[PDB]
Enquirer: 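First, the structure itself, so that you have it in front of you.
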Amino acid sequence: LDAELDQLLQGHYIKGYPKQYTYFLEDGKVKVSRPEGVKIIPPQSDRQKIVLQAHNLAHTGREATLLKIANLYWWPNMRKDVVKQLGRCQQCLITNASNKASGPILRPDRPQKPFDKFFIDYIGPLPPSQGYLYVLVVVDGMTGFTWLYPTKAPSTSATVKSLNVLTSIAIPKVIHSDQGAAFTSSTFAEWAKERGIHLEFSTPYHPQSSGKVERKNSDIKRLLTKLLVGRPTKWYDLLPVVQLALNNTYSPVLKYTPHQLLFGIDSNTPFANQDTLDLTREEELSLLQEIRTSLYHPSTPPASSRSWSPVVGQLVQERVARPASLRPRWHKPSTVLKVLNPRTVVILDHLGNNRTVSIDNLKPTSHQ
Amino acid sequence: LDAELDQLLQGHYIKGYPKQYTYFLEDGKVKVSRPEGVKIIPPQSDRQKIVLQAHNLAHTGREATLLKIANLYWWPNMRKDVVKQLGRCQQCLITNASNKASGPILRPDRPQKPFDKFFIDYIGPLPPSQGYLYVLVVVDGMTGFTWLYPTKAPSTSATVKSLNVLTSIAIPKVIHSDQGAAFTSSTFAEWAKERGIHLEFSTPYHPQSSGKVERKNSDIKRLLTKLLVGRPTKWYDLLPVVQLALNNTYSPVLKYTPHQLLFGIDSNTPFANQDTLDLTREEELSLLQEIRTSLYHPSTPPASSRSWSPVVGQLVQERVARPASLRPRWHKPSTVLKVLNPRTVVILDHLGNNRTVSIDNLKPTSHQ
Amino acid sequence: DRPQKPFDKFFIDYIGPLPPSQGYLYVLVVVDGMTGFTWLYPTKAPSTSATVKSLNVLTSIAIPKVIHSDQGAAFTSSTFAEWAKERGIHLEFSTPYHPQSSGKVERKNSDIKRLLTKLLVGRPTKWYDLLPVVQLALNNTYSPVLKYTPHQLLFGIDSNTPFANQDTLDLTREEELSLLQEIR
Amino acid sequence: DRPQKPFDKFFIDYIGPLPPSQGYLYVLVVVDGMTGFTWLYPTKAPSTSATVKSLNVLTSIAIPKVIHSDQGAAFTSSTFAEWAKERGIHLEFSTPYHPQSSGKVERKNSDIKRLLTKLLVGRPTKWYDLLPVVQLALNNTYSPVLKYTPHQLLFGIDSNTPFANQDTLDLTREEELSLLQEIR
DNA sequence: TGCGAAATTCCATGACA
DNA sequence: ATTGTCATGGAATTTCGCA
DNA sequence: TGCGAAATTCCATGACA
DNA sequence: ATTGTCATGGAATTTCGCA
Ligand SMILES: Cc1nnc(C(=O)NC(C)(C)c2nc(C(=O)NCc3ccc(F)cc3)c(O)c(=O)n2C)o1
Ligand SMILES: Cc1nnc(C(=O)NC(C)(C)c2nc(C(=O)NCc3ccc(F)cc3)c(O)c(=O)n2C)o1
Ligand SMILES: [Mg+2]
Ligand SMILES: [Mg+2]
Ligand SMILES: [Mg+2]
Ligand SMILES: [Mg+2]
Ligand SMILES: [Mg+2]
Ligand SMILES: [Mg+2]
Ligand SMILES: [N+]
Ligand SMILES: [N+]
Ligand SMILES: [Zn+2]
Ligand SMILES: [Zn+2]
């Protein structure tokens with residue numbers, strides 16, 4: 001404060017104030033003659049308030065805040081004080097966007113077997129067709145084989161009705177779903193435990209986590225659209241057609257249809273493949289086991305030039321999910337309890353609850 | 001058809017059918033023994049129908065269609081016939097996504113002078129504040145200097161009331177706006193002609209074209225949000241504050257505030273810059289003219305590895321703007337009349353009207 | 001001659017009438033010839049209409065080359081013939097009064113009638129709800145002749161519901177004197 | 001001594017009452033001392049409240065170091081003093097009965113009164129709508145003393161509305177005998 | 001005529017419905 | 001008949017203070 | 001043991017609310 | 001306590017038919 005500035009005036013040296021400039025008094029304030037002009041050197045006991053005043057004009061970031069201050073003042077290491085304040089501005093921290101991207105996506109292993117893992121999700125509301133508004137899509141992780149059920153609501157009860165019918169064929173080890181009301185209800189939890197089925201949930205607001213089924217939704221909608229061009233949108237009666245159509249369509253990267261992956265032999269549908277006509281069923285299942293293990297699997301892509309990956313103990317912020325108009329897009333800072341994988345973390349939210357959360361719904365808190 | 005296939009059976013050579021394979025008759029159909037197995041060679045008069053049947057199962061693209069056909073048949077240059085059909089499938093052409101990106105964006109020149117060009121746009125609806133729901137934002141292209149007016153509707157009339165007040169200060173050469181009801185009405189056209197103001201419109205559904213003002217909208221909303229944290233969203237009374245705050249904020253890339261760009265001297269606001277205290281106003285305006293011409297200007301970025309740029313006469317399709325559920329996302333093919341610039345074109349739409357359109361709202365029709 | 005395969009032949013038949021369960025009276029039974037895999041569909045009648053409705057569900061999962069049946073009214077109607085022709089399915093009939101399936105299928109059809117009977121006694125009206133577990137049971141039952149269950153033959157993997165108890169399947173003395181009580 | 005600048009001093013004053021136009025009676029006049037640039041605001045009264053409302057619009061575009069005025073009630077109120085103090089604006093008063101501006105400002109204030117008078121005759125009630133064009137006129141008027149208009153001094157560029165006709169500004173003989181008819 | 005550290009510049013990221 | 005923009009904060013690069 | 005052309009593979013693009 | 005996916009159609013690369 002006034003101690004430092006005094007020693008300075010009588011020509012002595014203080015660490016931080018370069019010796020080659022002339023420091024004087026004028027109008028009752030300590031000034032210095034810098035290349036850009038004459039600036040006031042405020043006492044250290046005043047500087048926080050100055051930085052705060054400059055910042056608060058428009059809640060500016062580093063450079064835009066500095067440039068204001070620099071108009072009137074100079075002192076050692078100005079930006080350090082600016083950054084100190086930016087890191088303490090609740091309002092900036094929870095309103096500003098991030099400027100660091102997420103780390104590169106994971107490509108989880110393909111389920112080893114049919115029925116190892118189902119991915120389920122709803123599509124809708126669709127235009128009413130026979131009183132139905134939604135479609136339950138169930139996609140076997142290994143094969144891609146898909147089942148379609150029309151519903152009136154994305155409800156637990158309609159989910160249960162459909163899956164009772166599907167699981168007539170086989171019971172899955174795991175069913176993966178997002179956090180829809182339908183899937184997280186305790187009635188649905190019971191229904192699964194009853195059958196030795198383990199429930200797995202996506203992190204919230206991250207449909208990529210259900211990518212297997214989401215992507216299938218795309219094809220389902222795309223084929224429905226084509227079939228309905230120039231007609232009224234009576235989709236109910238096409239669900240079965242679409243199901244069959246898609247389960248028997250080739251994935252050019254794999255060179256197999258989901259049907260083939262599930263059964264190792266085409267049924268009596270158009271253009272059935274015949275290559276195994278002369279093998280026994282047992283010879284056929286043997287070639288199937290081999291085809292199943294050798295399927296193409298993609299790798300994690302390169303990180304973008306400015307991504308971040310979560311560290312235990314880091315201050316990070318969760319995106320507000322459904323932010324009201326003119327309200328912050330981020331929650332208050334919170335801490336990384338566990339790095340589940342490089343794209344998934346548990347955080348303690350200051351309330352504080354444990355939340356499992358995608359890094360896509362996080363930013364690293366700025367300025368530490 | 002049967003002519004060709006006959007010559008072939010008696011062991012003669014036909015262009016396209018490789019001579020080293022054995023072609024025979026069996027079950028009344030011409031077959032061939034290819035490395036993968038025995039395939040039927042249908043008569044050419046049958047092939048269109050086959051390709052069509054395979055394609056129609058799920059309306060598949062090239063490889064997925066080929067792979068079905070290949071299960072049963074072989075003939076010369078199969079994919080050429082497949083592609084022929086894909087190019088003729090109305091339903092595929094108007095439902096499928098594009099897989100070619102737009103060419104790199106243009107960075108139009110900064111308007112040379114204040115008042116050369118205004119960019120205007122509405123923000124809202126916002127939570128009601130004193131019966132007001134919208135904000136008219138007017139941004140001078142050269143300076144960035146911005147004016148804010150609260151309205152009850154994004155109407156022509158409220159637009160006119162506001163601009164009568166703004167143009168008390170100065171009349172602009174050009175006002176650029178998007179295609180909002182407010183700006184395209186004939187009442188607004190009259191109001192402008194009355195004042196020798198030229199109206200310029202964005203292509204439709206392309207807010208990037210109003211990027212100057214859109215981007216300012218961001219800052220306006222961002223500052224409003226920060227100022228309103230923990231209070232009710234009474235924004236009406238902050239508009240003036242925000243206006244002033246932003247017009248006096250530094251752009252770190254430019255090193256100037258919009259105020260400075262407009263007037264060449266700070267008014268009596270906090271942290272006013274003083275560098276020109278000893279110049280005459282005329283000396284000051286002279287340094288301003290020089291600062292105005294030397295401002296940083298960005299360049300067109302590199303094209304992505306798979307972009308397209310429009311060619312006169314090309315078949316292209318316009319995106320459906322507000323497509324109903326389960327309806328195609330693209331209009332029928334149409335032709336490029338004029339390439340206005342590499343990112344803007346006039347098209348004849350088959351009705352056919354002339355439409356001026358951003359390439360971001362176009363795909364090149366596939367398969368020619 | 002080419003070896004037998006799943007989807008080569010479906011054997012279909014009705015069972016019923018049964019006591020009403022959720023408005024249903026009959027069960028359409030589908031058994032794949034090669035695997036012995038079973039699908040069951042509840043209907044309200046042994047009609048062509050109910051058959052078509054039910055087979056539409058099944059045939060939207062997989063389509064057989066041939067459907068075999070006796071000469072039931074529902075299976076010999078020209079509507080049912082249209083339906084099959086549309087899907088490229090050859091229809092096949094056992095001569096009247098002489099049902100011929102195959103060893104495997106007959107034994108499977110036997111298991112079905114008996115397993116049903118066993119579970120309908122005690123709760124003759126709750127069978128609709130049990131159809132799913134009935135099928136899982138049938139389809140994860142070990143075949144003496146082949147070393148494998150129908151599940152295994154159909155999908156080429158073990159199941160997540162193995163039915164480790166080769167079950168009693170016979171009527172316990174309690175159910176014998178109380179099955180003669182329900183039919184009184 | 002540092003050279004004079006825009007925003008160094010604003011000279012303010014009221015004109016009126018005038019004939020009601022859209023419910024308005026007065027005009028607050030703001031003239032920048034250095035440039036001669038003029039802003040006009042319609043008010044319903046020469047009150048502190050109306051002044052604050054109007055200056056809030058102006059001072060959200062640019063803030064003067066000093067506001068000069070006579071000793072009008074609206075300008076000497078302690079409310080108006082609070083307002084200025086909040087914005088770091090020094091208030092300045094001409095001694096009572098002795099208005100002192102500057103040559104430039106007086107001449108500008110004269111032009112305003114005369115230009116108004118000229119346009120209010122014929123349409124004494126439509127002035128509200130004409131305020132915008134009145135300002136453009138005033139601000140694109142060539143200054144004999146400086147080689148430049150206020151527009152040019154304020155912004156450092158030519159304007160898109162040059163007022164090429166240095167206008168009559170005097171009352172034509174028709175308006176002289178019909179301005180004495182409106183005040184009858 | 002070169003070092004350590006501070007200052008400035010660069011620029012990917014994301015958001016304007 | 002038209003066309004993206006720019007605050008932001010780590011990192012990369014340049015300049016500064018001193019010798 | 002090498003050429004032209006066809007076949008196959010690669011992979012950026014975009015869409016699942 | 002969890003995690004993107006894959007049809008698509010030009011282009012790039014490989015294979016094929018022939019010699
Ligand atoms: C808790 C909690 N409450 N709500 C959520 C939540 O996720 N909400 C949204 C509205 C985002 C949502 N979205 C999709 C989806 O399909 N989105 C489209 C998409 C698909 C794939 C891809 F990569 C990107 C986008 C759903 O299926 C879904 O059920 N929901 C609820 O979490
Ligand atoms: C004809 C015709 N009819 N309607 C349109 C049209 O444009 N409609 C939408 C709803 C897209 C729209 N959007 C924005 C905007 O701000 N969007 C957000 C944004 C801003 C910048 C950026 F880069 C990306 C997105 C507007 O301002 C606006 O007035 N509209 C009407 O054209
Ligand atoms: Mg969902
Ligand atoms: Mg979804
Ligand atoms: Mg708009
Ligand atoms: Mg907009
Ligand atoms: Mg029978
Ligand atoms: Mg007065
Ligand atoms: N994994
Ligand atoms: N330009
Ligand atoms: Zn802040
Ligand atoms: Zn198609």
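Throughout, a chain's letter reflects where its sequence line sits, starting with A, and its residues are numbered from 1. So how was this one determined? The header says X-ray crystallography, 2.7 Å. Whatever order the structure lists ligands and atoms in, that order sets their numbers, starting from 1.
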Enquirer: At ligand 2, which drug or drug candidate appears?
Expert: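 That's raltegravir.
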Enquirer: Okay, contact question: for raltegravir (ligand 2), which chain racks up the most heavy-atom pairs under 4.5 Å? Name from the PDB entry, please.
Expert: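 Main binding partner here: PFV integrase.
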Enquirer: List the other chains that have a heavy atom under 4.0 Å from raltegravir (ligand 2).
Expert: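 Other chains with a heavy atom that close: B, E, F.
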Enquirer: Define the binding site of raltegravir (ligand 2) with a non-hydrogen cut-off of 4.0 Å.
Expert: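 With heavy atoms under 4.0 Å, it is B/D121, B/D178, B/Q179, B/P204, B/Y205, B/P207, B/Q208, B/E214, E/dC16, E/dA17, F/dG4.
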Enquirer: I'd love to know which of the UniProt Mg(2+)-binding residues in chain B sit under 4.0 Å from raltegravir (ligand 2), measured heavy atom to heavy atom.
Expert: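 UniProt annotation plus heavy-atom distance gives B/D178.
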Enquirer: When residues of chain B contacting raltegravir (ligand 2) are grouped by UniProt domain, which group is largest?
Expert: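 The majority fall within the UniProt domain Integrase catalytic.
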Enquirer: Measuring from raltegravir (ligand 2), which other ligands or ions can be reached in less than 4.0 Å?
Expert: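 Closer than 4.0 Å: ligand 5 (magnesium ion), ligand 6 (magnesium ion).
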